[PDB]
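Here's Glycoside hydrolase family 31 alpha-glucosidase with acarbose bound to it.
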Amino acid sequence: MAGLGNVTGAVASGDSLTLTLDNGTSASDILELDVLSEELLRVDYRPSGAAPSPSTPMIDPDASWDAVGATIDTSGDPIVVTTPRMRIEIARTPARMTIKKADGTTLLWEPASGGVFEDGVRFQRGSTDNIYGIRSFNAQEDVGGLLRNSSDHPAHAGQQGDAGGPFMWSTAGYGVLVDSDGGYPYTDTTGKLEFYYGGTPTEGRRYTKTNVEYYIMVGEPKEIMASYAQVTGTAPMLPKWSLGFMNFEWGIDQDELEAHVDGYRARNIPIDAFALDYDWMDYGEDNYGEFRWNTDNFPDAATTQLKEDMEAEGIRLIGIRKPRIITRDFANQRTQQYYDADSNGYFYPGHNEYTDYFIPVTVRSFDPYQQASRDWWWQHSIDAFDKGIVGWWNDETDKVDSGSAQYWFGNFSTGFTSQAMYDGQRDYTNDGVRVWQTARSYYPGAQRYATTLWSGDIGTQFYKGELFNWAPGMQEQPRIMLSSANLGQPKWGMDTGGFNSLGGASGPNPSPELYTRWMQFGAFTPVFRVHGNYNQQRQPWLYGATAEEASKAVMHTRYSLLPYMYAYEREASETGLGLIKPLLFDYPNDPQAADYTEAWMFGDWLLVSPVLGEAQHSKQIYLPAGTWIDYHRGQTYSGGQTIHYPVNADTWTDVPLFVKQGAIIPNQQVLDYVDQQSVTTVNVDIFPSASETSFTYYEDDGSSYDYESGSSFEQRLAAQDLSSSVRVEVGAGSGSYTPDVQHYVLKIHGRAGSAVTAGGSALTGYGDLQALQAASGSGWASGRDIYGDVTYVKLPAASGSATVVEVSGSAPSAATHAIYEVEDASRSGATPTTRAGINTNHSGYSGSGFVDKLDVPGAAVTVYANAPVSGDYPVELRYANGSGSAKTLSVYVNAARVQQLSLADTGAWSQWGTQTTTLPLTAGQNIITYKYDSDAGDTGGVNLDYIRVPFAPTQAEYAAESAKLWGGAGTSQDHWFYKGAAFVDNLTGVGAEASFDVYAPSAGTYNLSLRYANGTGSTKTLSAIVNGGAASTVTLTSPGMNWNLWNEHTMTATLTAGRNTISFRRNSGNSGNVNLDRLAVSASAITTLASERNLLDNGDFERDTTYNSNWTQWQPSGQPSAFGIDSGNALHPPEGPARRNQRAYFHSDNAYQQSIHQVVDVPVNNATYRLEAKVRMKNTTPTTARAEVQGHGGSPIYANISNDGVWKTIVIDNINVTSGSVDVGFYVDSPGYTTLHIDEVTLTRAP
Amino acid sequence: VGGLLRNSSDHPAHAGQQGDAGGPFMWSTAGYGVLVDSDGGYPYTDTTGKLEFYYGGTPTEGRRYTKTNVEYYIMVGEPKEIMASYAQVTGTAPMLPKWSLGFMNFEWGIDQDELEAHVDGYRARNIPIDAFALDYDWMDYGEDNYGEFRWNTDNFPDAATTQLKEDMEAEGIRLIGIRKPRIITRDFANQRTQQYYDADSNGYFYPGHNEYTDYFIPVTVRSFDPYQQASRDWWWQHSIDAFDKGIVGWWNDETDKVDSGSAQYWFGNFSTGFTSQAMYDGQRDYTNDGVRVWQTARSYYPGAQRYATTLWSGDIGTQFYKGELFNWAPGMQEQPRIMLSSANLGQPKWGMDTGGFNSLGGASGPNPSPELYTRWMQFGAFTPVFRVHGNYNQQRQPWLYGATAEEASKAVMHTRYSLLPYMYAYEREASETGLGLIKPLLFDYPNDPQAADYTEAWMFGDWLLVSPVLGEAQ
Ligand SMILES: C[C@H]1O[C@H](O[C@H]2[C@H](O)[C@@H](O)[C@@H](O[C@H]3[C@H](O)[C@@H](O)[C@@H](O)O[C@@H]3CO)O[C@@H]2CO)[C@H](O)[C@@H](O)[C@@H]1N[C@H]1C=C(CO)[C@@H](O)[C@H](O)[C@H]1O
Ligand SMILES: C[C@H]1O[C@H](O[C@H]2[C@H](O)[C@@H](O)[C@@H](O[C@H]3[C@H](O)[C@@H](O)[C@@H](O)O[C@@H]3CO)O[C@@H]2CO)[C@H](O)[C@@H](O)[C@@H]1N[C@H]1C=C(CO)[C@@H](O)[C@H](O)[C@H]1O
Ligand SMILES: OC[C@H]1O[C@H](O[C@H]2[C@H](O)[C@@H](O)[C@@H](O)O[C@@H]2CO)[C@H](O)[C@@H](O)[C@@H]1O
Ligand SMILES: [Ca+2]
Ligand SMILES: [Ca+2]
Ligand SMILES: [Ca+2]
Ligand SMILES: [Mg+2]
Ligand SMILES: [Mg+2]
Ligand SMILES: [Mg+2]
Ligand SMILES: [Mg+2]
Ligand SMILES: [Mg+2]
Ligand SMILES: [Mg+2]
Ligand SMILES: [Mg+2]
Ligand SMILES: [Mg+2]
Ligand SMILES: [Mg+2]
Ligand code: NI
Ligand code: NI
């Protein structure tokens, strides 16, 4: 904010004057003045004499003036330029310009305080001078006058009929024009007349100028304006017809046009032109539709005929143009115009795609408050109902939000809209089809008419403000749900996956992580539904294998709980309480439940707390008074505390779910839909408490209002743990509905009895659950499951009288394995009629059958096996192979391809064998899938009978990132070759620690191995603290100055049966300053874990892309990178990862070469290794697309990638390494538009 | 999104919008509830111990059930007992079909083939699902004869009969359909609908809700960059065909600002000039300077004039003045000030939508009155770019406004057209000095204080001063 310095040189030459100004440095400022006309001066200020920037497009590039012959007198102070019309004085000390008329009248001057500077011009003039220019007003603004005597409005083009620019002039005889892209003119009534470049204005700035180029005009307004047009350009002449009247019109076609022109001509009302709005063009369509004549509206525009016929009637045509292209046709296909624009960079910078609307329609709200209005609404709805609309999604019953229409519906609109459909559908069907509706508001009473509530247009993000701030996301939703419940509307759901994104419908889908977590969440809410914006897709397979499998998994849990759930639907008809409730319902005096929403009750007997955090490794979960049993992991917790709960951030398989002691939970086989088949056996899991608890099992038709007049079935189930037995009462049948249930199978957890009695009779004992199920009439059996000892008791349901069962004694199973019969498991395949099957047509099977039709590509069977801790589980597959030779099948665990199983011929189809494979399981639920994956080279073609999963692993693992961290310990991905989804760093402050919860079957000494990094150069120390006992020192050597190296610290620890705490803390004497990754635990010597075989760093590309990996890339010199890593969720439909959240891609609009490589030193030189990857290719066939192995001692090995669109597995086996290292790579050579996706790359030591 | 606690609460009791819920129902885990019968109202709590409820004034949402008495309920018990009592007073919930405990896929942008393929994708994977919910796709929303209640057989051919219902039932799929509590009162062809006539004659529209123009087919678009030569070449190249077949003037709209949903993007100050430059350079090359360019844009920044463009005053209001009918757009009376402000910035080739663009309720709203129309045509005829325009399916031919509007319009048009050779000289003048057909009086009278802010009259060429009648009933 400072003016020019003194003149140190003046060089006149023709009409130019060049001034050098002192700024105190060797690089002086320049000020070039040019006299352009007698009444027009150019001034260019170049700070430090640097070259001027290019002139903006304000300036006419072709402007040209006659020589003026001005008089420039450099002899005196001031320096003096004169013409006949003006006099310019520049004082020397400091340099200051005064502008005058020839006659000496002062027009304006730069003040002492400062004139021109680096960022603008500053003048002073007569304070009563009237100023003009700068700005106009738009069609949304208050409209001022012409005077600009107190102005600070920016100079901009503006919008909606605005005009403006850096042009301030006065009727007092002068004008000032500054070459600028936007900026801030300033005037006030002290006489100031200023212009500042200022900061980037709202409209953007794409022409910046290091210089200040300005023009000073002198004269009357006509002369001022003439000079403005010499500088900025004159207007070319419009066609003469442009002086005529024109009729602009929106909503018009060729017939109407012709009528309109006839009307004008018949009445001798002149007219030269019509302007046509959207009507004229095929806006919305492919092939440059927004440039081509709409021949539906204007048929004769197929040729020049329309032009020529209107010419003959004296009509020229004008056509509307929007400076934008349609990037998606009405069929949701990328347009040709998109491809051309995207490839050549023709989109406006900073403007992304966005969703517009363009066909208007006129609507008006209906009144549901009137009975006669409601009847009419229903009567016109009947035809839609008979043709299959049987649920009513009653949208927008709350508020209209649309231009000038901001109208509110009243508080009873949702109830009355709902009543219309309810009284209506009830009358028409004679109480024979139950009503289902949803609305997006609730007020009391509305529930009488059978409506749910959904949370409206929520955002596709983790929480409010993650991605944008105008809608909440996933994390807020439990608070909405529980608030609805506190209002007596527990029948609630949400748009799982979110509705809104930045840019509207074209905005991103949810990430695979966000989608997976949201499905896990919604499976434990009452109205379980996905939704999204226009042309968005929400099918779980589109989000990659983790999202598919985890979603499937939690959906199986929900559907297995149908009989549990449905009893709550019944309760809502008696008391209004439904399937969910907040903890404060059950714990009204617990201050920790008062505002608790991160967990909630699902029915009476399950507390659920979904993982809602992005990249979350552990949850803090409040458990209120009682005793809780982990649904998936088996351990107990006592209530009245907040627990630390590890979750596997890599698999996304956990849904933290806890059984309340007392629980009586009816459940059933998984159906594809609710009434797919009759269910004749209901399971009832019972976890007895010392006080009686009960559950009233309930059936009815599921369809009609018959239940209202007694047509239903109920039976009261009740349980109690006694001093030395468990008592369970199956009360007598009640009601008139003949239920489908024939037998309950009670699963009484906590005791494996030696006897089960009832009415003076000891029930017949069978050897196992299987043999019990196959028996007719009553029995018992016992076993072990994830929870511990269990007693099974099979009974008739729907007896006319009460049955009281008492399980006594304790005779625990010695079973070491659970058995899952795969014919009870999940059967799938590529199409609905090529799924794997159940069969009994060969002998020797266990259970009720085995699984066949693993002989069409993609056929598979999927078992959900619970594990108490993470680790190595040797899982036995019983199968038959009567094909004459060995057959292959993939084993997938938690959506990762673990192994190709080679299954030997067994002699015949009725002869069975066993293959045992060590599986990397995670604590809680695991997804184990045996699949014919022809794209991985499997053959399929075997039959599977069961699998056997040990109750205990051979060795356990615990992730450091999922441990309780304290004292500054945190998680990080900022170094390479960690296992799992992260590691623990920042063990630097005293008190910093990681505390593992380790389980043991028996008291004893166990081996530990702790995986740690130490790149400090020297040995460092932590303390180990087992069960709060005495600190032992842990001495951790350093491989060197390198944080990408990991070693094992081996040690023993004395442990107790059950839960143990083992901490690694920096105590005051310890030095700290190491990174921890995983603790392995076993009764035997610890070996390589099945989860940790991968020698690559970031082989799954899951690492947050802010952080690097051992991957490197290459392209030819001067080519942009074609390589990135992301989730594919921006695309519609999503092109998702193969597993978890991310995948590498190669893509370019133009021709390209691209590779990525990773080099690793192998653990054992002179041995065999193996490369596996998932790869997907689409669009243009490339010249080369391959996996590559090289640098290993032998010559390059290649495996080609085949253009398809689908995820395939590429494998390079028998990599004989003799160099000590291996380079694995992927390379594409493309002519353009080849997309390659790479995922799940593993380099392992090969059998 | 807050918590569950309502310990310091003044939020009103309403149904709300967009997933909201509320009511005059206040209860505590300390062992009590309070339910008041009310249509809206104002619950109040605070940490000194107040638990209050006020009817107060008419809410935002309206109030159709007013009450002289005060009917309330006190509940005593633990939370589940309070909630049961609430359901005794306001109603228990009827049981929903059992399938409604299943998974449901809701979708917007779906036809029969896609639905079938989705369902096949679930079943093939043994991923359970009981229901698809269909958005607008399922219905002939926008058409006559109750189209907003009728299956769209272009998207769902087999919903012509019970076939879709039945094949989907066989696959374990129930169908849900979206409903909107409104009807279309003008079909796509601007014709009043059967459903309109039925609701109007029976009184079935929501009180206080007039009709209004909504939009319903979404399209995806992206702005082009006219700042680059190769972009302009491309834009022109693709316009040649439309030009050969009769588009000889370029009405370049929305070169200023995107105001659309979440999308709020500005174009730069040279956007108009450069858009204009694309058509100018192009047409001139292609016709070898044989066909004069004409264009209009709704913004002006200096230099844009070089590329042959006029300026229009945007989506102005169909009204005499700002605030006569609505406050959010100016009307006719303001337009001289805008025109003359453009002139002072060197853009005298200026026009306006004679008749106005915007009315209350959108395109469905009122045309100009004959008086407004007539006075505006008279004014228009003495401005440089003389044009009527209006909103979607609105009409601006003068004969529709009755015989005074017809005849007075004709008359003033005849005056304008007789002045062709007077006018055309000023067109020539704008090619030499940039001065044009209008100018404010302060150009001729730079020292007259009565001319300094004067915009109720102006000069049309050098020798005529015009001051159109713009007051109602003046
Ligand atoms: C048709 C017009 O649509 C867009 O702008 C209009 C809005 O959609 C309207 O809702 C209205 O907005 C106002 C609110 O209703 C009101 O409550 C208040 O908040 O003010 C708002 C205005 O600030 O009016 C808008 C302006 O007309 C769109 O942005 C606009 O460009 C559209 N007009 C052009 C389009 C066509 C159709 O091709 C042409 O016929 C016109 O000449 C164009 O200027
Ligand atoms: C489709 C949806 O549209 C309407 O509301 C949405 C707006 O159209 C969007 O532009 C967006 O507005 C936000 C601005 O982008 C943002 O800058 C900020 O100002 O906040 C605005 C909103 O607070 O989002 C709006 C909300 O989605 C309309 O009012 C709404 O009812 C519409 N949603 C229903 C329509 C369909 C299609 O039939 C259903 O699929 C949905 O489930 C409905 O809820
Ligand atoms: O009014 C003159 C003023 O202009 C500049 O400030 C700009 C600022 O850069 C913009 O970001 C925006 O907020 O508008 C302002 C003007 O309204 C100068 O930096 C300042 O010194 C000067 O007084
Ligand atoms: Ca079996
Ligand atoms: Ca780890
Ligand atoms: Ca991955
Ligand atoms: Mg010169
Ligand atoms: Mg004054
Ligand atoms: Mg600068
Ligand atoms: Mg029309
Ligand atoms: Mg004709
Ligand atoms: Mg066409
Ligand atoms: Mg779709
Ligand atoms: Mg089919
Ligand atoms: Mg139809
Ligand atoms: Ni402005
Ligand atoms: Ni509210």
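Chain letters correspond, in order, to the sequence lines: A, then B, then on. Residues 35-1281, in that order, are what chain A shows, numbered as in the PDB entry. By the PDB entry numbering, chain B shows 177-650, in order. The entry is not shown in full; contacts are counted within the portion that is. When reading the values below, keep in mind they use all heavy atoms of this one structure, side chains included, and skip hydrogens, waters and symmetry mates. Whatever order the structure lists ligands and atoms in, that order sets their numbers, starting from 1.
In the structure shown, the parts corresponding to acarbose are ligands 1 and 2. Other chains in heavy-atom range of acarbose (ligand 1) (under 4.0 Å): A, B. Contact annotation: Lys356(A) has at least one heavy atom less than 4.0 Å from an atom of acarbose (ligand 1). Taking only nitrogen or oxygen atoms, main chain and side chain alike, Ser438(A) reaches within less than 3.5 Å of acarbose (ligand 1). Taking only non-hydrogen atoms, the option from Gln193(A), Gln440(A), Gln174(A) nearest to atom 22 (C) of acarbose (ligand 1) is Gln174(A). Less than 4.0 Å from acarbose (ligand 1), one finds no other ligands or ions.
Contact annotation: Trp427(B) has at least one heavy atom less than 4.0 Å from an atom of acarbose (ligand 1). Proximity of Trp488(B) to acarbose (ligand 1) is established by a heavy-atom distance of less than 4.0 Å. Closest heavy-atom approach to atom 11 (C) of acarbose (ligand 1) among the candidates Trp504(B), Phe392(A), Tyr391(B): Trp504(B). In this structure, the protein non-hydrogen atom closest to atom 40 (O) of acarbose (ligand 1) is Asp311(A) OD2, 2.6 Å. Across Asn567(B), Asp491(B), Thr389(B), heavy-atom proximity to atom 44 (O) of acarbose (ligand 1) is greatest for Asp491(B).
Counting heavy atoms under 4.0 Å, the binding site of acarbose (ligand 1) comprises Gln174(A), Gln194(A), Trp284(A), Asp311(A), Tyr312(A), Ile354(A), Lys356(A), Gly437(A), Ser438(A), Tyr391(B), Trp427(B), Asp429(B), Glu430(B), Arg474(B), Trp488(B), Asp491(B), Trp504(B), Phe533(B), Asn534(B), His565(B).
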